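Some notes on the structure that comes next.
We name chains A, B, ... by the order of the sequence lines, and we start the count at 1 in each one. All values below come from the heavy atoms of this structure, side chains included, with hydrogens, waters and symmetry mates left out. For ligands, and for the atoms within them, numbers begin at 1 and follow the listed sequence. Structure determined by X-ray crystallography, 2.5 Å.
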Amino acid sequence: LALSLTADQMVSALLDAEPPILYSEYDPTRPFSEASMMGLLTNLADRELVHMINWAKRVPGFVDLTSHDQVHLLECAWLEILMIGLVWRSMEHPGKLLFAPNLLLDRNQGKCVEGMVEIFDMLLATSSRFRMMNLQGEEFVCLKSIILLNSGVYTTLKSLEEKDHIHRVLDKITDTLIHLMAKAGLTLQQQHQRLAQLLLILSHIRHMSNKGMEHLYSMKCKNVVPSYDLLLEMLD
Amino acid sequence: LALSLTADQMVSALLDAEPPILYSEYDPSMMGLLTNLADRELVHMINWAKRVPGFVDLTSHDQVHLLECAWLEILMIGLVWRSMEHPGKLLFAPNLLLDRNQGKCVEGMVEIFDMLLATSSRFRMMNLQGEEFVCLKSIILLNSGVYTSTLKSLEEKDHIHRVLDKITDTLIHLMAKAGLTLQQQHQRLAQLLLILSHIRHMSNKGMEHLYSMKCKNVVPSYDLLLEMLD
Ligand SMILES: Cc1c(-c2ccc(O)cc2)n(Cc2ccc(OCCN3CCCCCC3)cc2)c2ccc(O)cc12
Ligand SMILES: Cc1c(-c2ccc(O)cc2)n(Cc2ccc(OCCN3CCCCCC3)cc2)c2ccc(O)cc12
């Protein structure tokens with residue numbers, strides 16, 4: 001299946017696959033220490049991962065890949081997905097990050113953790129960028145799907161078949177995005193322009209994830225990347 | 001200024017801005033040759049930048065910032081372009097074609113090499129054209145350090161996004177004249193722009209790889225950049 005859908009079926013399939021908004025532990029001794037805050041954020045991210053995989057498996061064409069490739073895609077994209085999710089729910093809160101409804105953090109508190117405020121500022125500018133573009137929910141949900149499939153599709157006859165499949169679904173998601181823009185009343189020109197502006201944003205988000213990884217590795221954190229087994233286990 | 005140009009005038013201007021292909025100063029250390037080569041490519045990269053439609057409409061500090069963020073990506077998409085027609089190899093210079101096996105001589109590099117070779121295959125499979133390539137490089141210059149507060153800064157970011165809108169039209173136009181449908185047009189546009197994300201990934205991996213060894217400084221200096229822009 002997965003290539004039969006209309007654009008409208010694609011949006012709906014993606015909208016219902018959407019993960020829930022999770023909460024931080026309701027037990028914080030606010031104000032924070034650098035360790036307490038990294039503890040709450042880490043705990044949150046760990047719980048978001050399980051819903052992320054479940055979401056991934058409901059993304060059109062994702063379960064058609066081999067389990068090994070599914071793991072590979074998730075290995076590359078997991079932090080990017082976290083980040084575009086974070087910036088999305090932070091849109092209506094300028095100068096703040098909404099990790100959880102009970103964990104809205106301003107810029108000054110990011111500076112509690114060494115080097116995080118640098119990572120923090122990139123995230124805010126991106127949220128602001130989404131706000132100025134008036135990014136819509138269907139567009140976001142599409143952009144997130146693109147990140148999942150694209151971040152690792154740069155890695156046999158089987159192997160080329162899996163990649164052309166991935167590129168087939170991505171062209172469909174591209175079709176879906178254009179369709180959404182057409183019914184909004186944008187011209188052929190505004191359609192190509194807006195599509196471009198959205199994808200150029202993914203480039204920066206890739207940069208943010210890259211910086212984020214170094215920051216996490218810089219806090220000498222315990223076991224940053226999810227491991228092949230944990231990803232494989234959660235996928236079954 | 002540049003917001004007035006047609007797609008074909010945009011392409012023509014960018015094709016004429018293209019830097020020369022430089023040579024490795026070889027013999028008849030490998031990091032020595034590559035470092036030396038990259039250093040000489042930088043001056044022409046700046047000359048190229050100043051001739052990209054709308055780059056000189058910006059302030060010098062803003063030009064420096066863009067070049068500060070994009071320089072390694074530009075080097076890399078340049079390398080991948082001239083390596084396209086040489087499978088399993090990357091052409092740093094006409095007298096310096098290297099396989100993965102020779103990249104594996106230098107520590108931690110074989111990973112970056114594989115990423116770069118992978119980009120070449122992708123360009124090759126897409127039949128990426130010189131005109132498209134030349135458009136993609138300009139986008140890298142303008143887009144990589146745009147996300148970064150006076151009224152002037154706001155005008156700067158609006159100009160950059162207007163010029164970026166222009167190259168999108170330019171890219172779409174090229175695809176139309178090649179005979180692709182409207183649907184094939186936005187698909188290829190998407191495919192090209194999504195590749196830029198990977199190049200950003202390579203660029204960051206590249207920096208970490210460069211810091212893992214020595215340099216005088218890895219990032220070019222603000223003054224030198226401001227100096228080179230003259
Ligand atoms: C973007 C983001 C981060 C993050 C990003 C960059 C940083 O420098 C710091 C935090 N954080 C906090 C954070 C991000 C990543 C973390 O990795 C910790 C370990 N877990 C990864 C999921 C589990 C198996 C692997 C290890 C731990 C905490 C988020 C939490 C929720 C969320 O929606 C978004 C984020
Ligand atoms: C892709 C690529 C590399 C490269 C270097 C290190 C890696 O780990 C992977 C690829 N290199 C070699 C190289 C690239 C960048 C380098 O940066 C450090 C040295 N001088 C760098 C530039 C600003 C002025 C000061 C620093 C040093 C070596 C290329 C050279 C030319 C070229 O067209 C492409 C490349």
Ligand 2: drug: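 It's listed as bazedoxifene.
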Per the PDB entry, what is the name of the chain that shares the largest number of close contacts with bazedoxifene (ligand 2)?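 By the greatest number of contacts, it's Estrogen receptor.
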Going by heavy atoms only, which other chains approach bazedoxifene (ligand 2) to less than 4.0 Å?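 Counting heavy atoms only, the chains are B.
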May I ask you to check if bazedoxifene (ligand 2) and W71(B) share an N or O to N or O distance below 3.5 Å?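 N/O-N/O distance under 3.5 Å: no.
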Below 4.0 angstrom from a heavy atom of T35(B), which bazedoxifene (ligand 2) atoms are there? Numbered from 1 as shown, please.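 Once the distances to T35(B) are compared, the set is 19 (C), 27 (C), 28 (C).
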What atoms of bazedoxifene (ligand 2) come closer than 4.0 angstrom to any heavy atom of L116(B)?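 Every atom of bazedoxifene (ligand 2) under 4.0 Å from some heavy atom of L116(B): 1 (C).
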Which of the numbered atoms in bazedoxifene (ligand 2) are below 4.0 angstrom from a heavy atom of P220(B)?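 Numbered from 1, bazedoxifene (ligand 2) contributes 23 (C).
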Which UniProt domain of chain B holds most of the residues in contact with bazedoxifene (ligand 2)?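 For bazedoxifene (ligand 2), the UniProt domain is NR LBD.
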Could you check which UniProt 17beta-estradiol-binding residues of chain B come within less than 4.0 Å of bazedoxifene (ligand 2), heavy atoms only?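 Those UniProt residues with a heavy atom under the cut-off: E41(B), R82(B), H209(B).
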Polar contacts were defined as any N/O atom of the residue lying under 3.5 Å from an N/O atom of the ligand; does this apply to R82(B) and bazedoxifene (ligand 2)?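 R82(B) vs bazedoxifene (ligand 2): N/O contact under 3.5 Å present.
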With a cut-off of 4.0 Å, which atoms of bazedoxifene (ligand 2) are near a heavy atom of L42(B)?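 Counting from 1, the qualifying ligand atoms are 23 (C), 24 (C).
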I'd like to check which bazedoxifene (ligand 2) atoms, numbered from 1 as shown, lie under 4.0 Å from a non-hydrogen atom of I112(B).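 What qualifies from bazedoxifene (ligand 2) is 8 (O), 9 (C), 10 (C).
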Close-contact set for bazedoxifene (ligand 2) against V218(B) heavy atoms, below 4.0 Å: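 Checking each atom against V218(B), I get 21 (C), 22 (C), 23 (C), 25 (C), 26 (C).
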Residue-level breakdown please: for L224(B) versus bazedoxifene (ligand 2), do any non-hydrogen atoms fall below 4.0 Å on the side chain, on the backbone, on both, or on neither?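 Neither part.
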Provide the residues lining bazedoxifene (ligand 2) within 4.0 Å, heavy atoms only.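 Counting heavy atoms, it is made of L34(B), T35(B), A38(B), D39(B), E41(B), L42(B), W71(B), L75(B), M76(B), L79(B), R82(B), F92(B), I112(B), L116(B), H209(B), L210(B), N217(B), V218(B), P220(B).
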